[PDB]
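Chain letters run A, B, ... following the sequence lines, proteins first, then strands; residues in each count from 1. Each ligand, and each atom within it, is numbered from 1 in the order the structure gives. Hydrogens, waters and symmetry mates are skipped; everything else that's a heavy atom, side chains included, is used. Excerpt of entry shown; contacts counted in excerpt.
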Amino acid sequence: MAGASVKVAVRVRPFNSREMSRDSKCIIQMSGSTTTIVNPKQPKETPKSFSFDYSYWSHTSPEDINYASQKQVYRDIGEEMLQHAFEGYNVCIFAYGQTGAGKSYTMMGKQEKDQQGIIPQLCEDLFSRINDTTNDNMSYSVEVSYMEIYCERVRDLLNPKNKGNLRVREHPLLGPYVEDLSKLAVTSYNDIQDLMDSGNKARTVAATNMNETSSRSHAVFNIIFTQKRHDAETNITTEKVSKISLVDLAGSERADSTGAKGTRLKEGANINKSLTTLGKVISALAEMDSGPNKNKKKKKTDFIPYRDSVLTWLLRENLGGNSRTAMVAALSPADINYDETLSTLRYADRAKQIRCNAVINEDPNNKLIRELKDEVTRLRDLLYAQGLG
Amino acid sequence: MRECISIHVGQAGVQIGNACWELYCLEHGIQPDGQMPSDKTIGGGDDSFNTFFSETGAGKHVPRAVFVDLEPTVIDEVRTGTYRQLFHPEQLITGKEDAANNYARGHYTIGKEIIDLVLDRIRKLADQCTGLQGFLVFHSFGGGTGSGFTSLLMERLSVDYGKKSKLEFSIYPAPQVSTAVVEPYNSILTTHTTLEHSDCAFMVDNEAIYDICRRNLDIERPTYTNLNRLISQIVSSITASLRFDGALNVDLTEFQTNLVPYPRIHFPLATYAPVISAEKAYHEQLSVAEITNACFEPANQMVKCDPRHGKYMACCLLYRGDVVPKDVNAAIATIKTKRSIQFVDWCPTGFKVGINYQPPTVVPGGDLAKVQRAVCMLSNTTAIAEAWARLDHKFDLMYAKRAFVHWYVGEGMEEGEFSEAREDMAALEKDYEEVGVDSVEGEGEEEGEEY
Amino acid sequence: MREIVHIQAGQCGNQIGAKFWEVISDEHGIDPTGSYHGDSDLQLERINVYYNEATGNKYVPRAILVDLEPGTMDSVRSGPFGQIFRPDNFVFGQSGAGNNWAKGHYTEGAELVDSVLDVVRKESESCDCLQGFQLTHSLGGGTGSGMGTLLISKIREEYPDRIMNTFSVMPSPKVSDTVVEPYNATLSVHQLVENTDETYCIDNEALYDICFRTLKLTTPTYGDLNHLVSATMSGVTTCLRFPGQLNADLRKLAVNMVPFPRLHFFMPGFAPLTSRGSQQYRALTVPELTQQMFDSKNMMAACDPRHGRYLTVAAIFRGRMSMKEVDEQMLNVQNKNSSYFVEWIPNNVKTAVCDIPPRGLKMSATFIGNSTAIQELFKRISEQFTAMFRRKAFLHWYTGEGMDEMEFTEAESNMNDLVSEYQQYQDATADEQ
Ligand SMILES: CC(=O)O[C@H]1C(=O)[C@@]2(C)[C@H]([C@H](OC(=O)c3ccccc3)[C@]3(O)C[C@H](OC(=O)[C@H](O)[C@@H](NC(=O)c4ccccc4)c4ccccc4)C(C)=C1C3(C)C)[C@]1(OC(C)=O)CO[C@@H]1C[C@@H]2O
Ligand SMILES: Nc1nc2c(ncn2[C@@H]2O[C@H](COP(=O)(O)OP(=O)(O)OP(=O)(O)O)[C@@H](O)[C@H]2O)c(=O)[nH]1
Ligand SMILES: Nc1ncnc2c1ncn2[C@@H]1O[C@H](COP(=O)(O)OP(=O)(O)NP(=O)(O)O)[C@@H](O)[C@H]1O
Ligand SMILES: Nc1nc2c(ncn2[C@@H]2O[C@H](COP(=O)(O)OP(=O)(O)O)[C@@H](O)[C@H]2O)c(=O)[nH]1
Ligand SMILES: [Mg+2]
């Protein structure tokens with residue numbers, strides 16, 4: 001077996017038309033692997049500072065210095081994970097972010113094909129390498145499935161039948177799976193995107209006090225990739241099978257923001273429970289990865305609470321074992337949503353928690369005064385030590 | 001008219017209210033059915049004091065009280081008890097399940113659908129009131145209703161009324177003793193509302209009262225009735241200054257003005273000096289000096305924290321009975337010379353004094369002796385930080401593994417609401433550690449110009 | 001008004017339910033005809049928790065009785081309290097499950113479940129504010145285990161936000177009455193772990209030990225064991241029906257006892273229990289009840305707590321008593337046996353006090369523990385399960401009713417995962433690397 005490190009990425013977004021028209025001010029600053037946020041109503045106290053692995057300032061589109069270009073993000077996550085998948089190991093992207101955060105742009109990108117998301121670049125690179133390396137001996141097959149999780153019940157997004165609750169089973173060797181989940185082959189990435197649009201049309205969406213169309217459920221797009229090898233014999237062997245998972249996570253809601261009763265509160269509670277369990281398993285896996293990776297001791301196998309939710313149960317193979325993980329969080333850049341943004345950071349801080357310390361914005365006047373005082377002290381000490389004053 | 005509205009939330013609040021209203025009815029000669037034979041016998045007077053009772057035309061007296069709970073049991077015990085005819089038939093009881101020791105259940109899910117009725121009744125009481133002074137909220141940390149619903153109620157009251165004072169009596173969890181597994185979560189989560197919205201929060205501890213009721217009042221097996229009676233005596237000592245005459249009279253605003261150096265440190269301790277049994281009431285002079293000294297004894301504190309580990313920032317002494325100002329001055333002078341009692345260097349005065357002529361009453365069937373003098377001391381000090389620090393440690397030991405968390409998130413909260421609250425708690429602790437430090441040596445570093 | 005719907009399936013469930021309705025009925029003063037002939041007034045205030053009010057000043061329990069054979073219905077009707085129940089709640093068929101879990105879950109119970117759910121829905125729609133459900137059944141049996149699991153699945157589907165207790169009589173090593181116990185036990189606990197908020201652990205060996213050693217009964221019978229289980233069943237929900245100094249609802253127990261969703265298997269106990277003639281020789285006080293509650297031989301699950309650690313414990317006292325004594329005794333128990341309590345919970349003792357004790361005793365107490373030692377009760381079953389599954393000892397009886405070999409493997413895996421989850425907290429430190 002092997003561990004599975006997790007890459008924590010956070011990205012802002014350039015203002016939108018409504019934001020631009022209004023006089024709203026930005027509130028998020030980002031430098032290196034650190035971000036800081038200022039409370040608009042408490043300018044006096046302090047800014048909250050968090051430190052991630054990967055930090056991306058996509059605020060100023062025409063910026064030339066320290067602009068988080070889309071190709072940069074793709075090279076920094078998706079290329080490495082696709083290479084890992086080609087070696088024959090399962091990999092996964094979680095996409096977290098509340099309404100207005102801008103998760104969809106990062107995950108899919110614009111249809112103009114000038115600014116891409118992670119999914120189109122991954123699919124294009126996969127199929128380019130498939131066509132490039134298809135020699136006489138090697139064969140490649142790709143299949144796609146798209147499911148939805150709602151109130152701890154699985155539903156099919158591609159099959160147009162009645163939205164019944166599918167049954168979750170556990171094959172002894174192939175692990176957890178879902179019965180009657182339609183599985184389809186695809187020849188071009190255009191087919192993949194068409195299927196994605198068709199499934200996204202079928203997502204369970206309800207109107208809230210915040211937005212009229214907010215996702216009420218999780219969604220998983222699995223790309224199943226099979227490599228067949230033809231050695232110099234009569235035996236053709238399916239050498240490895242690997243999975244690429246694209247999980248869309250709904251945000252975390254508060255009952256105060258959405259005071260609706262009945263189905264709405266049930267959906268919110270289920271979403272919060274699933275997100276908490278997902279964070280717990282990811283944190284445990286990151287800790288277990290970090291430990292052996294340096295110490296190389298096998299502390300039994302610990303216990304990873306996979307079964308506490310259907311989401312972590314179905315993604316059991318992808319998360320655990322020899323695999324790769326990466327979570328991307330979108331942070332709206334306005335202020336009106338300040339608390340929301342903070343919550344996102346607090347969810348993106350979870351797992352692989354690392355030390356950030358306090359970021360202090362010094363007054364330039366006091367900085368210059370202190371520097372000049374130090375210079376005067378040094379020069380005076382040098383002069384008086386030699387008896388020249 | 002100096003008038004206050006008492007709000008009782010949760011089981012602890014309702015039972016403390018039972019004790020308090022027994023004491024008030026005994027104090028003012030009001031019968032359990034609301035009638036006062038004293039006025040009929042004498043002819044008239046002000047014995048229908050407007051602080052706690054509103055008088056109707058027929059001569060009945062209705063308390064200015066609001067009881068709230070999510071269970072029907074504790075209030076159904078009052079609707080069919082001895083005082084069933086004293087209270088207005090409203091009691092604001094949600095005929096549903098309880099908060100179930102869950103802050104989120106009492107603040108988000110089930111706290112709604114009952115807050116509106118409570119606020120409507122509070123507004124109805126306030127409309128009848130002239131010259132309202134403040135609110136007296138009784139609750140308990142560690143409970144579901146008493147934490148979450150109290151937080152919601154305090155937030156809404158601060159939004160609505162704003163300027164009126166809001167005094168809070170609360171039962172902080174004990175260090176070792178407890179009656180629930182998830183006390184730290186609720187107690188920490190209540191920090192937000194008990195900090196920003198309340199004006200002065202008095203904390204009492206069950207372990208301290210058990211210790212008192214075993215060394216002083218020699219009882220070996222106490223129940224909650226004794227604790228509620230002692231707390232009722234404390235509240236009566238606090239509120240006596242706007243019901244009866246006295247040489248020096250202290251209103252509710254003077255309390256806040258004298259005991260609160262900064263807005264964020266309004267957590268004073270409270271103590272009652274002449275806690276003694278009838279048998280030991282003899283063999284004891286019980287002079288002003290003795291009770292004043294006993295107020296400062298660490299053993300007699302109502303919260304398990306040692307004052308010697310901190311510094312006193314303010315004190316407020318409320319005397320009752322045959323007390324003369326000269327003896328109070330002598331006692332304060334004697335206390336100021338002791339070395340074990342350290343005051344912060346930036347508060348040279350450090351004492352508020354109030355004297356009231358009305359002596360304390362004796363509840364029939366009670367445990368306290370009849371005495372001629374009494375004193376209640378409030379002390380804003382830095383030792384309270386210790387009482388918080390232990391709790392924080394406990395919280396960490398449960399939040400590292402995220403135990404019991406899914407119950408809270410299943411009712412409408414999120415994980416972050418934990419951590420934020422903890423951070424806020426840390427800030428409060430640091431604030432105390434900032435204020436108890438002595439002023440830096442020659443606070444203008446050093447000085448001295450030519451001449 | 002908190003109210004509870006009671007369900008009883010199978011022979012063991014019906015017997016325990018009948019005894020339970022006789023124990024609760026006395027406490028609340030109910031004539032076997034149904035009229036009220038009590039003395040106190042605190043007995044009718046919360047009568048609606050368990051009873052509906054009929055027209056002619058008569059009270060009918062909310063019991064629902066399920067079976068796949070009419071014999072146990074006939075036994076219950078021809079009994080001391082047979083006429084108390086509503087005859088429309090006697091749901092039953094014929095050609096019983098034959099101690100086959102598949103028949104109870106897939107073939108025979110699938111036809112009677114619709115009628116049982118119709119009755120349950122009719123009963124629950126009349127509730128002012130339904131709190132939760134109770135189900136009494138045996139894991140090692142036929143119709144009981146399968147029908148109970150199928151029902152619990154359906155009600156959890158229909159009422160996801162309501163508590164679901166369960167008093168389960170699971171098999172025991174020495175006192176084994178049927179040869180296919182492990183299959184039924186595994187296939188049942190595969191379902192109970194998913195769709196139940198609280199499960200109480202009972203087995204006949206522990207109750208026999210209590211009868212022989214504590215009560216010194218020469219020839220105990222099933223009536224006694226049911227009498228105990230009934231005592232525990234009332235003591236759990238005493239606080240819902242009566243006032244007290246510090247109340248404790250079912251949801252409070254669930255919140256305070258369950259740290260994580262899958263660890264909800266509890267060890268029940270009751271005190272005081274003496275052997276008639278010894279009564280005069282011992283005084284009744286809070287320390288005596290505390291000592292008897294935590295005694296290993298008093299437990300009703302046949303799992304020694306000394307082999308593990310208590311994740312949580314709850315104590316519901318009934319009687320006039322001092323809160324200081326209760327708190328000091330719980331603190332003393334925690335501080336003395338410090339090795340048997342988990343370190344990362346600062347205080348793991350819930351305490352509740354009810355004012356009015358059981359009729360006949362000045363003091364009583366119920367204990368609900370939650371400890372890692374429960375893993376043993378699963379492990380043994382799993383061992384026996386594999387000892388029968390490697391050779392497929394009686395598998396054709398199950399696969400002939402629509403089941404498949406995969407389901408047994410999923411159930412075994414779920415048992416093993418639950419055992420590991422409970423075992424992770426058992427060891428008394430984690431320092432080395
Ligand atoms: C008169 C008296 O005080 O004698 C006791 C008595 O001697 C003892 C031995 C009783 C007696 O119990 C037994 O002998 C017994 C036999 C088999 C299984 C269980 C018990 C008693 O029968 C049990 C009986 O208990 C009750 O009456 C409670 O209400 C009890 N309910 C019933 O027993 C009951 C059964 C059928 C119909 C109606 C009531 C109860 C306890 C807890 C919660 C709810 C109900 C009492 C007081 C006694 C006797 C009569 C000897 C004991 O039982 C209980 C639960 O109290 C057994 O050890 C305890 C300790 C008691 O001291
Ligand atoms: N001093 C004192 N404390 C009490 C009394 N009753 C309850 N308490 C305290 O209350 C705590 C339990 O939480 P509660 O305040 O009762 O919670 P609640 O008000 O019943 O609200 P729920 O949790 O929803 O039931 C215990 O730890 C006690 O310390 C009392 O009569 N006197
Ligand atoms: N890096 C970026 N550069 C430029 N524009 C961006 C960037 N990120 C996001 N955007 C803008 O964000 C818009 C999409 O935002 P939107 O679809 O509302 O996010 P969202 O719907 O809240 N995500 P979600 O609801 O969680 O699926 C795009 O049309 C872009 O204009
Ligand atoms: N306590 C108790 N246990 C019983 C009783 N009858 C059967 N059992 C237990 O239940 C198991 C048999 O299950 P059974 O009742 O036949 O299940 P059913 O066929 O579905 O009703 C045995 O292992 C017994 O230990 C009873 O009257 N009381
Ligand atoms: Mg309560």
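- Lab note: drug at ligand 1, from foretinib, Taxol, carbomycin A, oleandomycin, clarithromycin, identified as Taxol.
- Ranked by contacts, the chain bound most extensively to Taxol is, in the PDB entry, Tubulin beta-2B chain.
- Those other chains that come under 4.0 Å from Taxol, heavy atoms only, are C.
- Covalent status of Taxol: not bonded to any chain.
- Heavy atoms under 4.0 Å from Taxol belong to C:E22, C:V23, C:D26, C:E27, C:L215, C:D224, C:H227, C:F270, C:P272, C:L273, C:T274, C:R276, C:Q279, C:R318, C:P358, C:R359, C:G360, C:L361.
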